[PDB]
Asker: 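Sharing a structure below in structure tokens format, with a few things to ask.
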Amino acid sequence: XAXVXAXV
Amino acid sequence: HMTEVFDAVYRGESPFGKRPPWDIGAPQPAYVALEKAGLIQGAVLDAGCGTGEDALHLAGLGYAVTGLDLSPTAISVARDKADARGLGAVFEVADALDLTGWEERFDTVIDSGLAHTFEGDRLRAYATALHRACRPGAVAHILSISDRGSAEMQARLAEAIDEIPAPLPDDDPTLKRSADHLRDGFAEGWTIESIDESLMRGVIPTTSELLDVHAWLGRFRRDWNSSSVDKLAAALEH
Ligand SMILES: Nc1ncnc2c1ncn2[C@@H]1O[C@H](CSCC[C@H](N)C(=O)O)[C@@H](O)[C@H]1O
Ligand SMILES: *C(=O)c1cnc2ccccc2n1
Ligand SMILES: *C(=O)c1cnc2ccccc2n1
Ligand code: NA
Ligand code: NA
């Protein structure tokens with residue numbers, strides 16, 4: 001997701 | 001490795017299509033407000049500047065700004081925007097974990113959504129790189145999505161995009177984004193001036209709906225550990 005993995 | 005993912009996203013090859021959810025076509029409200037509050041001074045770095053909207057907003061108000069980003073595609077886009085708007089912001093490719101060549105260049109840093117991609121020791125490498133690239137006494141501002149904000153963004157993106165999963169339930173390690181992880185990141189060479197509740201604007205690719213979600217706005221004071229400072233101190237001492 002947005003954006004921790006980075007970022008999808 | 002991470003260069004390719006973001007470059008692909010900016011080329012439009014990811015599930016987001018033409019609009020990554022952070023590429024909102026405007027500066028972040030928090031940074032507009034921070035500017036009006038008078039808390040931006042000197043040479044400005046926008047670290048992980050993406051397509052340049054925050055940096056361009058500041059350029060239009062007379063600030064000397066540099067936007068840096070790992071993605072050459074983003075920087076290409078930001079440069080095109082600068083050309084079209086007729087603004088003189090510096091945009092260049094750089095790894096924010098490195099920043100070699102930018103030593104003691106900046107008086108203020110702004111960060112919208114770069115720091116929150118870093119976790120554990122990588123967040124500390126970023127803190128250190130920023131320390132090296134900043135003038136002594138510089139201030140770094142970091143806008144980071146909270147768990148509360150990410151939970152809302154995730155649910156909204158998951159409903160809109162097939163590839164994106166819905167967020168999990170319950171409160172409860174490395175995926176966490178509390179005030180504490182940000183505090184822990186900027187330890188050596190920095191002092192926490194404040195961590196505030198703030199907002200981060202994003203866009204939904206499907207409807208192009210704009211939403212604001214919860215975020216933390218950190219403000220950190222870079223120490224005065226510099227050879228230039230050491231030399232001033234020596235001049236007065238001797
Ligand atoms: N190690 C690194 N050094 C510099 N930039 C990086 C990086 N890792 C990721 N990035 C960049 O960080 C950005 C995160 S998205 C945020 C972009 C911009 N601040 C905005 O608010 O719109 C992406 O553009 C990505 O290319
Ligand atoms: C975002 O929703 C998300 C979920 N799972 C991932 C796995 C691996 C890389 C990035 C990811 N992003
Ligand atoms: C990235 O690795 C990743 C993995 N899972 C997620 C779930 C929910 C939100 C963000 C995520 N990011
Ligand atoms: Na669109
Ligand atoms: Na989904």
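In what follows, chains are A, B, ... by sequence order, proteins preceding strands, each numbered from 1. These numbers come from the heavy atoms of this one structure, side chains and all, not from hydrogens, waters or symmetry mates. As a convention, non-standard residues are reduced to their parent amino acid or to X, and atoms outside the parent are not considered in contacts.
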Asker: Return the drug name for chain A.
Answerer: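 It's listed as echinomycin.
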Asker: Which chain is the chief contact partner of echinomycin here, given by its name in the PDB entry?
Answerer: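 The chain with the most contacts is Putative SAM-dependent methyltransferase.
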Asker: Can you peek at the PDB entry and tell me the name of chain A?
Answerer: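 Entry name: Echinomycin.
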